[PDB]
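Quick look: niraparib on Poly [ADP-ribose] polymerase 1, processed C-terminus.
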Amino acid sequence: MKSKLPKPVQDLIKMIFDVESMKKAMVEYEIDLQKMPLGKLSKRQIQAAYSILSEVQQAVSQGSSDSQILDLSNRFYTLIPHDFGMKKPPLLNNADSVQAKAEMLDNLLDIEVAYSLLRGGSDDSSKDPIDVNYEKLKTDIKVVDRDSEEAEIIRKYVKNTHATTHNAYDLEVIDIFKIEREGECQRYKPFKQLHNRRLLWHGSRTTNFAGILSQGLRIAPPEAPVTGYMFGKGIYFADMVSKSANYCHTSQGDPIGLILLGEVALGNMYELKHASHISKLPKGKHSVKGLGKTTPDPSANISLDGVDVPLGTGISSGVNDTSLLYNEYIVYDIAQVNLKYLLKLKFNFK
Ligand SMILES: NC(=O)c1cccc2cn(-c3ccc([C@@H]4CCCNC4)cc3)nc12
């Protein structure tokens, strides 16, 4: 049979299950595709690589000998083979090196999820492969009509919350998808009664979306290094589309990105101006709000189905004694997020 899914949904499935994009991402990370093909990637190996990186992070802060750091570096490259070619393997002896490798592992974890979903399941012929891969996402995906009131609100949110400092590109909404992850409604239900529910942005690389749709937004595993997380291991969101759009890591070569709109149950926010490098919340607080110098104009805030949409144009906040240019929101429980929309964006670079 032929797929009855709308063309934009079919194009989304092709985009998130693109094997060539998975291979190109591994080539960019300088992974040796002969020693470590896409089909050889495993959960166990990525888990053990995170543990090695945490040992490196501990050794660097402890002030361990260069011989122990070299041994941990060598063990990491043995577990994740790299092909540097003309270069000596960079030593993992600083915070920047461990963070670049932890970023690679986060992306490899979701690439492994996408490839294992794609290669799994009943390899029959009765159903269209696009329908088969659609079902592997365990997510209901519907197209939001361009002429709808919903689409108008979302386009206004994209237009008004583009930061002045992120002038490398213009954003254009291609498609708006309404999404419903299986079991997420039931999971979110206890938090639906928490106050201060906001519709916020979450950007990520396109190669992570098969993992995000099938498993939802997740928190970094305990084995992962604690470094590089301004407010600890949690799920981070922005109220400025361009702050999250930067995490799509789109380029002139591939200017099509995916961004989420999630309803997040913030409750009582723990308002911070500087890095806390801690995941523990004070009693009675349900989230962290990192305070930026620029905030969406609160007078243009709208309430949609009991959820605040801060689609106001970026104005000065009043805080100048902060390390953040824009706000960010962090929750430490995966159940405090209900994914609502998925946008396909065109990045028009200057
Ligand atoms: N992804 C986002 O849309 C987003 C919005 C606002 C603030 C954000 C902060 N992040 C974020 C992204 C990545 C990380 C680390 C850094 C590299 C190692 N593992 C993850 C920490 C924070 N992402 C944000």
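Numbering of residues begins at 1 and proceeds along the displayed sequence. If you're wondering, the header gives X-ray crystallography, 2.2 Å. Order of listing sets the numbers, starting from 1, for every ligand and every atom in it.
The protein heavy atom nearest to atom 1 (N) of niraparib (ligand 1) is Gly203 O, 3.0 Å. Of the protein's non-hydrogen atoms, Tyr247 CE2, 3.4 Å is the one closest to atom 12 (C) of niraparib (ligand 1). Taking every non-hydrogen atom of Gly228 and a distance limit under 4.0 Å, the qualifying atoms of niraparib (ligand 1) come out as 15 (C), 16 (C), 21 (C). UniProt lists residues of chain A as binding NAD(+); of these, a heavy atom under 4.0 Å from niraparib (ligand 1) occurs in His202, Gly203, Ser244.
Looking at chain A, most residues touching niraparib (ligand 1) fall inside the UniProt domain PARP catalytic. Heavy-atom distances to 1 Å put the closest UniProt active-site residue of chain A relative to niraparib (ligand 1) at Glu328, 4 Å. Annotation for niraparib (ligand 1): atoms under 4.0 Å from non-hydrogen atoms of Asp106 are 18 (C), 19 (N), 20 (C). The contact residues of niraparib (ligand 1), taking heavy atoms under 4.0 Å, are given as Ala102, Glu103, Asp106, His202, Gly203, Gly228, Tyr229, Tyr236, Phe237, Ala238, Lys243, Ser244, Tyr247, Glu328.
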Does niraparib (ligand 1) have any N/O atom under 3.5 Å from a protein N/O, and what are those pairs and their distances?
unit_1: niraparib (ligand 1); atom_1: 1 (N); unit_2: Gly203; atom_2: O; d: 3.0
unit_1: niraparib (ligand 1); atom_1: 3 (O); unit_2: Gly203; atom_2: N; d: 2.9
unit_1: niraparib (ligand 1); atom_1: 3 (O); unit_2: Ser244; atom_2: OG; d: 2.8
unit_1: niraparib (ligand 1); atom_1: 19 (N); unit_2: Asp106; atom_2: OD2; d: 2.7
unit_1: niraparib (ligand 1); atom_1: 19 (N); unit_2: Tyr229; atom_2: OH; d: 3.0

